[PDB]
Trainee: 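This structure holds ramiprilat. Let me ask you some things about it.
To match the PDB entry, the residue numbers of chain A are left as they are there, and the shown ones run 17-614. The figures here come from the full heavy-atom set of this structure, side chains too, leaving out hydrogens, waters and symmetry mates. Order of appearance sets the numbers: ligands from 1, and atoms from 1 within every ligand.
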Amino acid sequence: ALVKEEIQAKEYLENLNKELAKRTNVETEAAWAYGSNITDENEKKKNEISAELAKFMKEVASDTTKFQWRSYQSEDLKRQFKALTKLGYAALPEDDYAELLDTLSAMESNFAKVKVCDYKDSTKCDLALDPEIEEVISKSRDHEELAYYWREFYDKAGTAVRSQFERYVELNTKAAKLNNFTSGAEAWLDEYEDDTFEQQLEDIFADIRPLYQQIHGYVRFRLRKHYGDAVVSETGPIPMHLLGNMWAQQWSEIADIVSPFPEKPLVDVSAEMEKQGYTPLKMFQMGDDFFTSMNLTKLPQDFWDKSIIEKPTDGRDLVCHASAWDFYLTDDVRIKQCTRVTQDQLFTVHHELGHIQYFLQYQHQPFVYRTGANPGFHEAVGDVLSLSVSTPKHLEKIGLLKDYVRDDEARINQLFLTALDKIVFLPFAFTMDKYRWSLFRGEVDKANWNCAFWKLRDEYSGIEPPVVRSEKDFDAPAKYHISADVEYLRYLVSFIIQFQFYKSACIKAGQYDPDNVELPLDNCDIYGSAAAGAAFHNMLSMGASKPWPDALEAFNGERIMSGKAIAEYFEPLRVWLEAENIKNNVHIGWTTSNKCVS
Ligand SMILES: *[C@@H]1O[C@H](CO)[C@@H](O[C@@H]2O[C@H](CO)[C@@H](O[C@@H]3O[C@H](CO[C@H]4O[C@H](CO)[C@@H](O)[C@H](O)[C@@H]4O)[C@@H](O)[C@H](O[C@H]4O[C@H](CO[C@@H]5O[C@H](CO)[C@@H](O)[C@H](O)[C@@H]5O)[C@@H](O)[C@H](O)[C@@H]4O)[C@@H]3O)[C@H](O)[C@H]2NC(C)=O)[C@H](O)[C@H]1NC(C)=O
Ligand SMILES: C[C@H](N[C@H](CCc1ccccc1)C(=O)O)C(=O)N1[C@H](C(=O)O)C[C@@H]2CCC[C@@H]21
Ligand SMILES: *[C@@H]1O[C@H](CO)[C@@H](O)[C@H](O)[C@H]1NC(C)=O
Ligand SMILES: *[C@@H]1O[C@H](CO)[C@@H](O)[C@H](O)[C@H]1NC(C)=O
Ligand SMILES: [Zn+2]
């Protein structure tokens, strides 16, 4: 009967979890070796271990049907068994799984090996995205130079893998249906355990959208004064190569030319970092210090011994795109980052260390629970710290910001600077998955795949390519996450919920009072707050043991994803910016782009 079986099932799960952790450790090591050192030998090794683990998962999924798990009394045991039914790609027949793995590594390695020629010297053709091309995109204000690097990169990282991407969509769809989801869109959405999740995001996005339109309008106005009306039109989408980022996902690199008050200070601490002799090691030690100051977990010795925190100086190929790794043992956690000494990189260091902290907080959990409450939670942790490290308050403490007077106009500059990252990112993040959902669901014919991409980038972000594109190009995979098959909705969710976490953490730290002008949300520093740390410990140690609303409740008593906190943060900017656009008769909104020929 069921009473004896449930007792046996508990013993089965305890053993199986340990076995899965150990088998996944082996797969992860292989994936790490390939990511740090791209070779045909390492690819073969990585993909063969994965096929072996997939085969074992099939046996596991099959074995769950032998247990009457849906009949059990324990919610915890049922939740664990349910986790074990979720095969994903491992549901594919042996040969199809092997083909998908070959397709995925072909795309990620193509991206990682992209090299372009120097604009000024066609002899020098060893310029990688990280750091060479990104340096030019972020620093150059020569629109024809920017356009050149845009075209070269997108042609190599995007168009070159069209056929591979098509096969990936086919196999992703096949895998989803084998798991009885309609498509890979629904498979991705299952991670959020909420049948109204899409609508919830539409609703939140609609509330923030008008603020984005105002920022867009003002930035376009300021770019016209810089580049002139031949380069930037008043009424059209912004030419994306002028926004200081290869994908126009963040605009903070052009802050010096679009800032509300150019005679008042704009925080940019890169020069001081360099002056004070900062290194990648110091940046990571500072990040570690922040976490420990909050009474959270110190980085283990394995992290320092095994991480790769600087780009290797031999001729080898690797994935430089920053990442954090869990090896599912004890204290074996690693970062791989091609760290540069800049302000934005300091934020990225904290982002990645947020992942590491999460890994450490839930490593005592059974294997199936050793992941985020939802994917957005994992992305939010580090960004919460980054919000406080970016404050004038904190940057002055660590001696990176000198002779700073925090008047109303400096405050507006800082809010605007933050918005150029945080608000600008929202429509970007939404479109990355909206696009892939539409392909996964079979809503766009293959003949229209590229213009379907640029249509969304137009509709939501109001940006366009610097040159005319067509269905002869394929631009989506020029973004890492698209080439590497990493779901993007996590970042949209993160950018919303991180303000929920930040606001609550700041109240707990005594750093925010809505009725005290001395304690504004935009100058909150949670450094050294054990009270904020405690809330994180309560939430992060849970892992995926409970549905995400219970994890949020453990942090601050709330159970709902809400746009209230992000709106509250930027409210002073909104009021000012609305008035400023009216003062300057700034055109808001945009005409449909002519940059993608059907
Ligand atoms: C995605 O959805 C799929 C459905 O679209 C689903 O596929 C179905 O899975 C079922 C297994 O859960 C499977 O059901 C079995 O069918 C066998 C015969 O099917 C054949 O004939 C049918 C023609 O009429 C065709 O439609 C099929 O294609 C096949 O040719 C049965 O022999 C089998 O039975 C046995 O198992 C049941 C289940 O027992 C359960 O557990 C305990 C036993 O330990 C019971 O006490 C309990 O009550 C419960 O019933 C026993 O009752 C029985 O005695 C037999 O031992 C079973 O019904 C079905 O064939 C399959 N396909 C289709 C088209 O329906 C996928 O599994 C889903 N995938 C995922 C990942 O979720
Ligand atoms: C740098 C970071 N990269 C990693 C990608 C994660 C990953 C890496 C490899 C395989 C699967 C997932 C991350 O930590 O999420 C990243 O791409 N982004 C996103 C991005 O740059 O697109 C925005 C997020 C806010 C700050 C940086 C974060
Ligand atoms: C990269 O891998 C090759 C074999 O594929 C190995 O011989 C070499 O040591 C690795 N290089 C580095 C720098 O680790
Ligand atoms: C630090 O954390 C421990 C347990 O994680 C807790 O017992 C202790 O009270 C914390 N320190 C402070 C000052 O709250
Ligand atoms: Zn992340």
Trainee: So, ramiprilat - where exactly in the structure, counting duplicates?
Mentor: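 You'll find it at ligand 2.
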Trainee: Which polymer chain has more close contacts with ramiprilat than any other, using its name in UniProt?
Mentor: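 Main binding partner here: Angiotensin-converting enzyme.
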Trainee: Looking only at heavy atoms, is any part of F444 under 4.0 Å from ramiprilat, and if so is it the side chain, the backbone, or both, or is it neither?
Mentor: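 Within the 4.0 Å criterion, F444 makes no contact with ramiprilat.
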Trainee: Give the atoms of ramiprilat, by number and element, whose distance to some non-hydrogen atom of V502 is under 4.0 Å.
Mentor: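 The atoms of ramiprilat under 4.0 Å from a heavy atom of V502 are 11 (C), 12 (C).
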Trainee: With respect to atom 13 (C) of ramiprilat, which of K495, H394, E368 exhibits the smallest heavy-atom separation?
Mentor: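 It is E368 that holds the nearest heavy atom.
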Trainee: With the threshold set strictly below 4.0 angstrom, can you tell me whether any protein non-hydrogen atom sits that near atom 11 (C) of ramiprilat?
Mentor: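 For atom 11 (C) of ramiprilat the answer is yes, since some protein heavy atom falls inside 4.0 Å.
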Trainee: Show the other ligands and ions less than 4.0 Å away from ramiprilat.
Mentor: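 Within less than 4.0 Å, you get ligand 5 (zinc ion).
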Trainee: Is it the side chain (CB and beyond), the backbone, both or neither of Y496 that lies under 4.0 Å from ramiprilat, heavy atoms counted?
Mentor: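 Only the side chain of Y496 comes within reach of ramiprilat.
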Trainee: Which UniProt-annotated Zn(2+)-binding residues in chain A have heavy atoms closer to ramiprilat than 4.0 Å?
Mentor: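 UniProt binders with a heavy atom in range: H367, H371, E395.
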Trainee: Across chain A, in which UniProt domain are most residues that contact ramiprilat found?
Mentor: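 That's UniProt domain Peptidase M2.
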Trainee: Using a 3.5 Å cut-off on N or O atoms only, is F511 in polar contact with ramiprilat?
Mentor: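 Among all N and O atoms of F511, none is under 3.5 Å from an N or O of ramiprilat.
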Trainee: Do any N/O atoms on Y504 end up under 3.5 angstrom from N/O atoms on ramiprilat?
Mentor: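 Yes, at least one N or O pair falls under 3.5 Å.
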Trainee: Could you walk me through which residues contact ramiprilat, taking a 4.0 Å heavy-atom cut-off?
Mentor: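 The binding site of ramiprilat (heavy atoms) is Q265, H337, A338, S339, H367, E368, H371, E395, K495, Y496, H497, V502, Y504, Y507.
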